[PDB]
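Snapshot of AZD4547 at Fibroblast growth factor receptor 1.
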Amino acid sequence: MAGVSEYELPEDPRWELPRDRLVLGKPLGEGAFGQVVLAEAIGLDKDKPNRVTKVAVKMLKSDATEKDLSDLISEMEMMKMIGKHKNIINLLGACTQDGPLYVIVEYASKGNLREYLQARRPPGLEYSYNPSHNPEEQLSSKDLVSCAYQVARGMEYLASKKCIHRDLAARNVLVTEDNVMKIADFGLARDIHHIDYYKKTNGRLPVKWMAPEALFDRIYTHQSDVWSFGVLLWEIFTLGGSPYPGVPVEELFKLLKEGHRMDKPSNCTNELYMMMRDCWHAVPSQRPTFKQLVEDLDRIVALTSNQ
Ligand SMILES: COc1cc(CCc2cc(NC(=O)c3ccc(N4C[C@@H](C)N[C@@H](C)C4)cc3)[nH]n2)cc(OC)c1
């Protein structure tokens, strides 16, 4: 709410970057991650001060409150503690002095996993239509399993750092220029108020990624993330399909309790569908861990054909 000079932003010499070392560019995400722009950073690495690096910059909106500022800081500090990994969106730096708070993170040029897969939908029969006006090359069967593997690896790391995502979905996984899967928004502050089960975002309903125990009793564990990973698996092999198609929220509550699960996608092996079902086990303690998931998916990648 108040001016940014009215507060005391935490300075960290290890991460602090002068503002004139950033060339701000076009908006990124259409604000799914909040106000984030593309930018070029000059001498992000001290060893190469004359090198330009493409980065993503998150900042507060014009209507931001004192709460929003605290959250963005908390998000930044959380990313510091969690540390680095190949398959997450990493912290690269920050601008905390002489202006608005800037949190500098890694840039993924190919958008989120959902739109990434949809644009690479074949004009065939076992997928919905390609909605992209700029379709890219189809992905092999080993590329899809590899996508799941990388996401699992990211979550395995996050879990090892006591991090619970609470909203693992294809929309929250970003794809780099080198087709590297990176998990996004894992350091978000958990809302202290009771949840609205029918809120929108695009027109996405986050309730369809929640484990039953998180849905009904608001209990979030690593096992609830495992459930979400199952839905993410289903998203991958439908190439960006919408979970529980035609099923509204009020019907989803009843269905899940009755043991109802999504059917196997048309193009999905039985082994990979069992993995989804295992992730969608009613008992949280009976779901596989991310460590186990990474091991299985590693085996499956080696056996899956890219022809
Ligand atoms: C912890 O986690 C995060 C993640 C972020 C987000 C950072 C980010 C966002 C992006 N990237 C995009 O948002 C993006 C890029 C390309 C897109 N598209 C457009 C589409 C039409 N065509 C496609 C070919 C490409 C669509 C979206 N990178 N880094 C910020 C953050 O603050 C602290 C923390």
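Following the PDB entry, chain A shows residues 457-657, 659-764, kept in their order. Each ligand, and each atom within it, is numbered from 1 in the order the structure gives. According to its header, the structure was obtained by X-ray crystallography, 2.5 Å. Every heavy atom of this structure was used, including side-chain atoms; hydrogens, water molecules and symmetry mates were not.
- Those atoms of AZD4547 with a heavy atom of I545 less than 4.0 angstrom away are 2 (O), 3 (C), 4 (C).
- Any N or O atom pair closer than 3.5 Å counts here, and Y563 shares no such pair with AZD4547.
- With a 4.0 Å cut-off on non-hydrogen atoms, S565 touches AZD4547 through its backbone and not its side chain.
- Taking a cut-off of under 4.0 Å to the non-hydrogen atoms of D641, the atoms of AZD4547 that pass are 1 (C), 2 (O), 3 (C).
- AZD4547 does not have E592 within reach: every non-hydrogen atom of the residue lies 4.0 Å or more from it.
- Annotation: atom 15 (C) of AZD4547 to nearest protein heavy atom, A564 O, 3.1 Å.
- Lab note: closest UniProt active-site residue in chain A to AZD4547, heavy-atom distance to 1 Å, was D623, 11 Å.
- Under a 4.0 Å criterion applied to the non-hydrogen atoms of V559, AZD4547 contributes the atoms 33 (C).
- Counting heavy atoms closer than 4.0 Å to AZD4547, residue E571 contributes side-chain atoms (C-beta onward) but none from N, CA, C or O.
- The proximity of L528 to AZD4547, defined as any non-hydrogen pair under 4.0 Å, does not occur for either the backbone or the side chain.
- Under 4.0 Å from AZD4547, the heavy atoms of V561 that appear belong solely to its side chain.
- Considering each of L644, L548, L630, the one bringing a non-hydrogen atom nearest atom 9 (C) of AZD4547 is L630.
- Remark: atom 2 (O) of AZD4547 lies closer than 4.0 Å to at least one protein heavy atom.
- For chain A, the PDB entry reports the organism Homo sapiens.
- Taking only non-hydrogen atoms, the option from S588, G487, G643, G567 nearest to atom 16 (C) of AZD4547 is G567.
- Considering backbone and side-chain atoms alike, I639 places every N or O at 3.5 Å or more from each N or O of AZD4547.
- Between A512 and AZD4547, no pair of N/O atoms sits closer than 3.5 Å.
- By UniProt annotation, the domain of chain A with most residues touching AZD4547 is Protein kinase.
- Atoms of AZD4547 found under 4.0 Å from any heavy atom of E531, numbered from 1 in the order shown, are 31 (C), 32 (O), 33 (C), 34 (C).
- The residues of other chains having a heavy atom under 4.0 Å from AZD4547 are listed as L484, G485, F489, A512, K514, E531, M535, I545, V559, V561, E562, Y563, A564, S565, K566, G567, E571, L630, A640, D641, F642.
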Mind listing the N or O contacts between AZD4547 and protein, cut-off under 3.5 Å?
from    : atom 1 : to   : atom 2 : distance (Å)
AZD4547 : 2 (O)  : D641 : N      : 3.0
AZD4547 : 11 (N) : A564 : O      : 3.2
AZD4547 : 13 (O) : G485 : N      : 3.2
AZD4547 : 28 (N) : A564 : N      : 3.0
AZD4547 : 29 (N) : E562 : O      : 3.0

